[PDB]
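The following structure: carfilzomib (bound form) with Proteasome subunit beta type-2.
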Amino acid sequence: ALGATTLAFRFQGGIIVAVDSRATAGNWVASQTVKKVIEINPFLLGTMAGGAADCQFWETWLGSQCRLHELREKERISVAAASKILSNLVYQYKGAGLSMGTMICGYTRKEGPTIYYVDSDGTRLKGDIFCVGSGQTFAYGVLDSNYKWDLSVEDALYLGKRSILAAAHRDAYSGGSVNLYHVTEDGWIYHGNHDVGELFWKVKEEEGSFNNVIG
Amino acid sequence: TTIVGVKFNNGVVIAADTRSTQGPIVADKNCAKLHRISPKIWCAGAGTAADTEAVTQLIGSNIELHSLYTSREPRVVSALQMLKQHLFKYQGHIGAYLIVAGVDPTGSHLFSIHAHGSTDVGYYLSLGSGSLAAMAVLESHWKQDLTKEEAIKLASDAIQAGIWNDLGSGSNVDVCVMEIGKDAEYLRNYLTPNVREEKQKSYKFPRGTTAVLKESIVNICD
Amino acid sequence: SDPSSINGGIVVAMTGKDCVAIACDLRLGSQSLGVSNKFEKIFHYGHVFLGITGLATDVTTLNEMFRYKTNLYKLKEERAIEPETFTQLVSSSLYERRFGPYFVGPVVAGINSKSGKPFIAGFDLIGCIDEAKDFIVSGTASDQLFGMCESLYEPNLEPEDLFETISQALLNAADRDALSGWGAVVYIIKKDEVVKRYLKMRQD
Amino acid sequence: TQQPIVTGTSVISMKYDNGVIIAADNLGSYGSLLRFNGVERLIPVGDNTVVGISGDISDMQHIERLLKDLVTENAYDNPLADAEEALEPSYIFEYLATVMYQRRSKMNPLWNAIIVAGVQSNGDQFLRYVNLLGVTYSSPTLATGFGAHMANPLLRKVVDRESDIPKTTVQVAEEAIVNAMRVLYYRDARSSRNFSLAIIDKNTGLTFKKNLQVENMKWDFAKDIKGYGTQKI
Amino acid sequence: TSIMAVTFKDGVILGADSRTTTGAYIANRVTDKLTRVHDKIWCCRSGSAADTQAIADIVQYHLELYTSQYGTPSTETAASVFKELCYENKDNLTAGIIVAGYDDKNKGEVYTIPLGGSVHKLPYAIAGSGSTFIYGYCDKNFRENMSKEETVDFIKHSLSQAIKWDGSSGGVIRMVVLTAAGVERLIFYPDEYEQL
Amino acid sequence: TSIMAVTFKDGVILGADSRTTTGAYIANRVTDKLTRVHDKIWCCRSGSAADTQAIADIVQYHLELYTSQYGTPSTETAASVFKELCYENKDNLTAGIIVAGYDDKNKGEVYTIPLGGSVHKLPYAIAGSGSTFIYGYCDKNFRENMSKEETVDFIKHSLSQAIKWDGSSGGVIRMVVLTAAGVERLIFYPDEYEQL
Amino acid sequence: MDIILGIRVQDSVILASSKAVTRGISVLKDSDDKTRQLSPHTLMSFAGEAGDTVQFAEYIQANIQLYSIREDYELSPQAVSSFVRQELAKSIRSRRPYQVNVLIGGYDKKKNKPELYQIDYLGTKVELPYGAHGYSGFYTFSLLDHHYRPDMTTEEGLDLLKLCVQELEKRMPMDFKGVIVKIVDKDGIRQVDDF
Amino acid sequence: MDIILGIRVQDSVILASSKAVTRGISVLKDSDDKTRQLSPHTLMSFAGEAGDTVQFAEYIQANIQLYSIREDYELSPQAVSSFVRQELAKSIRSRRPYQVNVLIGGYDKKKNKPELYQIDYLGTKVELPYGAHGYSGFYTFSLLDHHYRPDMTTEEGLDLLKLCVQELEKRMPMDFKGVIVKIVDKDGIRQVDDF
Amino acid sequence: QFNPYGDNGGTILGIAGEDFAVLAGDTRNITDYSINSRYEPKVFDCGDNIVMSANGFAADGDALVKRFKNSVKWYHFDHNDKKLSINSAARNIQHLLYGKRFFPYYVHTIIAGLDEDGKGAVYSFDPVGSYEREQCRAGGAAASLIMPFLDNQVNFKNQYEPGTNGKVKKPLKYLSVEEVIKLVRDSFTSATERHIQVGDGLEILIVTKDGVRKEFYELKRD
Ligand SMILES: *[C@@](C)(CO)[C@](*)(O)[C@H](CC(C)C)NC(=O)[C@H](Cc1ccccc1)NC(=O)[C@H](CC(C)C)NC(=O)[C@H](CCc1ccccc1)NC(=O)CN1CCOCC1
Ligand SMILES: *[C@@](C)(CO)[C@](*)(O)[C@H](CC(C)C)NC(=O)[C@H](Cc1ccccc1)NC(=O)[C@H](CC(C)C)NC(=O)[C@H](CCc1ccccc1)NC(=O)CN1CCOCC1
Ligand SMILES: *[C@@](C)(CO)[C@](*)(O)[C@H](CC(C)C)NC(=O)[C@H](Cc1ccccc1)NC(=O)[C@H](CC(C)C)NC(=O)[C@H](CCc1ccccc1)NC(=O)CN1CCOCC1
Ligand SMILES: [Cl-]
Ligand SMILES: [Cl-]
Ligand SMILES: [Mg+2]
Ligand SMILES: [Mg+2]
Ligand SMILES: [Mg+2]
């Protein structure tokens, strides 16, 4: 039962991944410092939406399976194969009550930047843009209107950061802070933690947006 | 809640704790559960807080008008009868559990009333979530021919049993003594055995700690 | 489908030395969706202040109702209503709807013009009065406010100090509640002057 | 998933300076029917432990059998079975608590509330509770069912904390227990007048008292009570 | 509850226990379930304490108003008023009442009123949760035209057994004797009746 | 059902009615609820007819196998086998059984086994839906070390009342006498016991 | 899911409302106007339970028109919105409540300012720069929150509105068959025929 | 409501399948291919419960490909359809059944005839000239019943198919984001990129 | 129907310092409105300078702690008496909890100790195994009361530097063990006042490189 805003999108320079940090137990805000990006390995990322434990446990388990693959095959695992290992696993547990909605993100030679939406009822979708969580609608709006394939890395990082902010503002169960990631062929790069409180006022002033809010 | 009533030689005494809950939360640490129906007829209330206050005030109002109409001091049985008929009519939906006590020209009286409209007579009574803890004390220490000072002791000891052992009850002990031929004495916070200890630190903030966007003078005058 | 937690919101009130303070957040939502950041929950009828949390339609309705009743009170009595009397009016009006109640958590705050004594009070949805020396809390973050107020509060605070204490109680409680926040307002009330300050808080 | 049929009510106990006391009435109820009157719900294990059980009686008889079998098994290939390697209250308790939690985890509980009272080999008093959920706790006073609501308040007036234990004698502690059993007879609708009481002392050992009765009761004031309010006759 | 009323040579005797319960908790151990609706017309109350009290209060009002206009009412008339209330409000009541009274013409009479609101005139009646355990005993031991002392022993022994087996019954045994002589209240304590 | 077993000077006597019901319809008015599990160990059956028959058949099998290996079993042993079945299958059974037997050493013994599967050794036992109405009568009239004729009258009068008040009990009164002399079957018809 | 949107700009109020009427698995109509003119400078759009919507809108319309005739005077948008709120506030505790959500767009001629009011079926009123009902807000508010400026023109407001409709048409599951757009300003109410 | 259609004409089988994938109030994707090639001359489209659809389709695909390698021979559409039916017939009485409906379009090289099979999740097989699953049949069957002729060409079949999609886009409540069309004939399987 | 879960109340608190860490918890055990024990410890020394508490349903809490203590014991056997790091213990506990994902332990778990750099560490778990390292964490009945207070006093949230127009935040800094215990004591006395399930006593376990020290403080018993 976790409110969240997670996104991931393909572009010229690889993949951007952005998430919020809030965890709620009803109305009660349990945490503002939750890590919703799971570092499966140095080349693969996973997002956490739905069950926190289900996502943590099985995407950590996934990293173990990926390490065993490259030990036996002497080759990096494809994003396709990694995502399918996870989707086939949760499909076995279908009906039992697992709750997940995740994006498995990676950049390889044969595939290029690749994103797979994997979900607890067995769904496995390849795509360019994905948004998941209680605040996904708010983030989609900013993404759809501003997204282009030929985005620069600087502008793409801002777009993902701005999209989470949009949801954090409107969605009650999204917020805390923003965690950014850039996925390249040589691995992922962490682009810091950004407190939404400080980030909102900063974006308001610099961008001219959020006129409905007094500041 | 924990509430009790005890009869003695020349009158009757009632007592109550002072906790008021809202789920597992303590809303009021020092609330008054002892109500005045008439000068010498007082009521201890347990259950739904609004209901006990509302029903005691309504009957108290009607008792006053009745006392003026009849040119007589009100009787406990009148308050008892008026309360139970009101509660019975609402089939328990008004969640008031009361201990009614007082002195009148007929003598000293002690009754209890339940939400559905049933009444009981006794020398010692207890109601509320801590009634079992209180009744255990009453059953252990009560005797016939109690004095005023013995009855107050027994009553407050019964409330303390509820305060310590029942999570629904807590804080202080209120008492009201109704003796024949005398004015009723309401002893608010008769015992205060749950005083908060000194805090380890002062949390007084330096001035200007809080960030402010706008200031403005509010006009309360005409 | 719990009327008291659809729209969200909080109100807190405190006493100081020859003063009172009452504060509220500005959020109005429809469950997860935030709708307005200008929804003030504190109203005043003369020098008596009333904060109301709960279902927003009932908040608006009750304000209009007590404005109605206090205006008629003043015309007949030829004087403004006092906090102690207003508290009883609120209780009466709510219990009148005992078996079809307004889903609200009101809070009264003010200073008696005759005696000069600071006064605060709280109610449940059917009119039970909760009078207090120290503080009153209400709303979806009432648990959080109870924890802040019980530790931060001390008696006989000066208006300027009292302002900081109530503001910090509200802000940190609101940040641990999803349905509260999006702005805040604090009223500092002295015998013959009232200051209203808008706080800067995180907007998530 | 069960439902209890034949049941036993409160079991009460407390610590005193040299040992522990435990008591329970001799009734086996069948709903509102007070069906069986010769039921012993205190079961000694060795000469240093007494297990008091409330709840379902068929499940109680099962536990009796387990404890009896536990003594037999401990004696196997054990020359010090009546000495250093004899059964301790802490051993007996942990065994039961293990069983109770395993049974709740299989959704097939033993519908009981148990108090294990005894004295350890080093003289320390042992008093601990366990129930159908596998929940465990210890305290200077322990009670089950109605006893938790009515007896504990009375026993805690004697021993309110740990420091009050050396100050409490066996005479005073026994008096409080017997008084508590009377109060339960006044106020528990599934209780009986007849009961058993057991004392485990570090010096005088195990004293098991059967066929006790509640006495010195107050009923006389009932004659003065007439009607339910207005009635004078 | 355990309650009963028994007719005999000189009149009628009502009998009852003194226990009031809330689940398994005894809310009152010295309850008075024998209640006066008229000088020599009394009733035994079983079921809801609230319902039976409300009913008895109304009946007492009706019979007081009857007496002001038409003089002393019959025991049959009293039972009819009880019935009318219990029958017409059967959906909202839980009350098992035994009506007992003494006339000079009709002598001792007993009417029982179960849940439905039906009326049954009997030589003796038993009711309440504890009555189930003494149907056999009471049927075997009841005789018509017993003496006062015999009738007291019959009620005492009967309610003694009812109390022994029924957890919902206990405390003291109250009795009310209705004869031409007047109205006599009796009480019997545990130490006496338990060891019968 | 109404069933009972009573110990006396020379041994033990089992007693039962003969009614079997499906709702309010009497499926069998001449049922035999007294059943043999061993030469001088019998049982009274109450509850589900299917369950009690299945149980008794298994116990008879266990005691027949016991006898082949270890000789004649005790009445306590028989009660233990019944208990084991009733306790371990308590979720799927509705059986209230009274076990009664005669040893030469232990004489007459009675064990009752309620729904839960608990065991209770008693001087006498009563069970079944109709037993509720005779708890008072049986408690007042039972004595230890009665004669055969006294015990027969006690059971006859007791079950007579149980049948009179319980709609789920009726027909004939069957009895089985267990002594050193042997096994004697008795029967008593309505015209006799009804007018007691 | 009847999509109704509202945007208040510098000098006007713009209301956009979906054209589809669906019943079961069939789109019965694709040209439905989900609005009523309450007065020359006040417009109300609506969405909610079938039947209740039109019945409520026309009932309000009749009451406001009655007021206009009686006083020979147009009620302010604020006054109309308060009247509408009170009717819904009564309704929610009735035997069968009106399950209708509304937006009220009006131009106040005394203040020379446009005004947009959002009122849900419970009687929850708020004045806003931009508003929506149902799931519509979940998509558009992020866009409006970003691109909305308080000093925009009517033409800039229509472009901002087009951006919202495009986003809804992309991400919403149901086909709502486009929108009818209407503008409220100092000169009254008019419809944009080509959208 | 994942639209899947099928039309058997003179010399080919045409399958049309919707592109939308919806989850809650969001269209997650608008370019989804709801089909798998079982063999060079056999194509299966599918629709139903999320996860189950793809898992089932790929499982069938693997089994048919295994058969092809083992025997160095392509199974007939009739044989493949029977195998698929039996798997669903087993499934329906399992602990957790596959909730998947399929159309199987194939060209039989021995008979030189196109063949279309409709199989629902219960294992209910029928050979048809035209077929559909879900609510799709409720709109299109009347059109197909009318304009369908057995001697039509592939181009005539595509025009007939366009007519069905237009009717669905007009009357269906949900936006299914168009269709991917594929043709199965003597030369194998190919996709129509512009539809 | 049989309900295998229960609520034994209580509340716990873990704070992490620079070179130390504390794990506190009240000693009260309850069921409904009754008190089972005024002193029933639920914070345990598990070895290897790891302290642990599992609050909620006591039976599940005792089982988990017992299993983890056992896990530590076998880690030594299988890995040549290697010291179990706090991060390794956390991951191990995740697997214990998730092993019962479809019949959970109804507990909120918190562990405290020192990381491999010697700095204070606190980890918190949900009932099914999700975990996170944190500076500050309250768990249990009164977590909602305590936690926002810690946010304000430990992490200095919503506090800005005086005179800076709310532009410059108050700087984060490590607190002393003495200052931390003050906050813990004040946190629990406040929670005791307003939560009925909190009281009786407070037991704190402090963890430094030197070892594990204990401190006990009385709380209100009402
Ligand atoms: C002991 C302390 C507890 O048994 C006593 O019995 C006291 C009696 C004194 C105070 C007169 N009882 C209570 O304090 C009583 C306990 C209780 C709670 C709920 C139902 C029945 C009894 N508490 C109350 O009545 C509080 C009083 C507040 C603290 C001023 N009221 C509530 O808890 C109300 C319940 C109102 C109610 C409505 C309809 C039927 C029954 C009760 N609950 C809320 O306000 C909760 N919620 C908050 C958000 O707004 C919507 C309601
Ligand atoms: C024997 C006990 C049974 O036949 C007697 O008949 C006596 C009659 C005397 C007192 C005249 N009956 C009772 O004592 C009677 C038993 C009973 C209970 C419920 C329904 C019918 C009969 N007890 C009561 O009426 C008590 C008296 C109070 C404690 C002073 N009242 C309750 O138990 C109320 C009754 C509410 C009610 C329910 C259905 C119909 C009418 C009224 N119940 C509660 O308070 C609920 N209680 C809350 C605590 O948890 C357990 C349930
Ligand atoms: C007295 C009657 C009650 O204590 C005795 O105990 C005897 C015991 C003798 C026969 C050993 N009991 C019965 O006669 C017994 C009563 C009974 C009924 C249901 C459950 C438990 C006890 N009657 C039966 O067992 C009959 C015997 C048949 C007619 C030969 N069986 C039924 O009534 C079956 C039982 C099904 C069942 C239900 C629950 C648990 C176990 C078995 N029921 C039906 O046929 C249903 N019937 C259909 C027609 O409409 C009414 C219901
Ligand atoms: Cl009564
Ligand atoms: Cl049979
Ligand atoms: Mg937010
Ligand atoms: Mg019969
Ligand atoms: Mg207490």
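Letters A, B, ... are given to chains in the order of the sequence lines, protein chains preceding strands, and every chain is numbered from 1. Scope of the values below: all heavy atoms of this structure, side chains included, with no hydrogens, waters or symmetry mates. Only a selected region of the deposited structure appears here, and contacts were counted within that region alone. First listed ligand is number 1; within each ligand, the first listed atom is number 1. If you're wondering, the header gives X-ray crystallography, 2.8 Å.
Within the model, the positions assigned to carfilzomib (bound form), copies included, correspond to ligands 1, 2 and 3. The heavy-atom neighbours of carfilzomib (bound form, ligand 1) at a 4.0 Å cut-off, by chain: B, C.
Binding site of carfilzomib (bound form, ligand 1) at 4.0 Å, heavy atoms: B/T1, B/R19, B/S20, B/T21, B/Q22, B/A27, B/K33, B/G45, B/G47, B/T48, B/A49, B/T52, B/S129, B/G168, C/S4, C/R98, C/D124, C/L125, C/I126, C/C128. In the deposit, the organism given as the source of chain B is Saccharomyces cerevisiae (strain ATCC 204508 / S288c). In the structure, the covalent bond to carfilzomib (bound form, ligand 1) is made by B/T1 OG1. The name for chain C in the entry is Proteasome subunit beta type-3. Measured between heavy atoms and rounded to 1 Å, the nearest UniProt active-site residue of chain B to carfilzomib (bound form, ligand 1) is B/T1, 1 Å.
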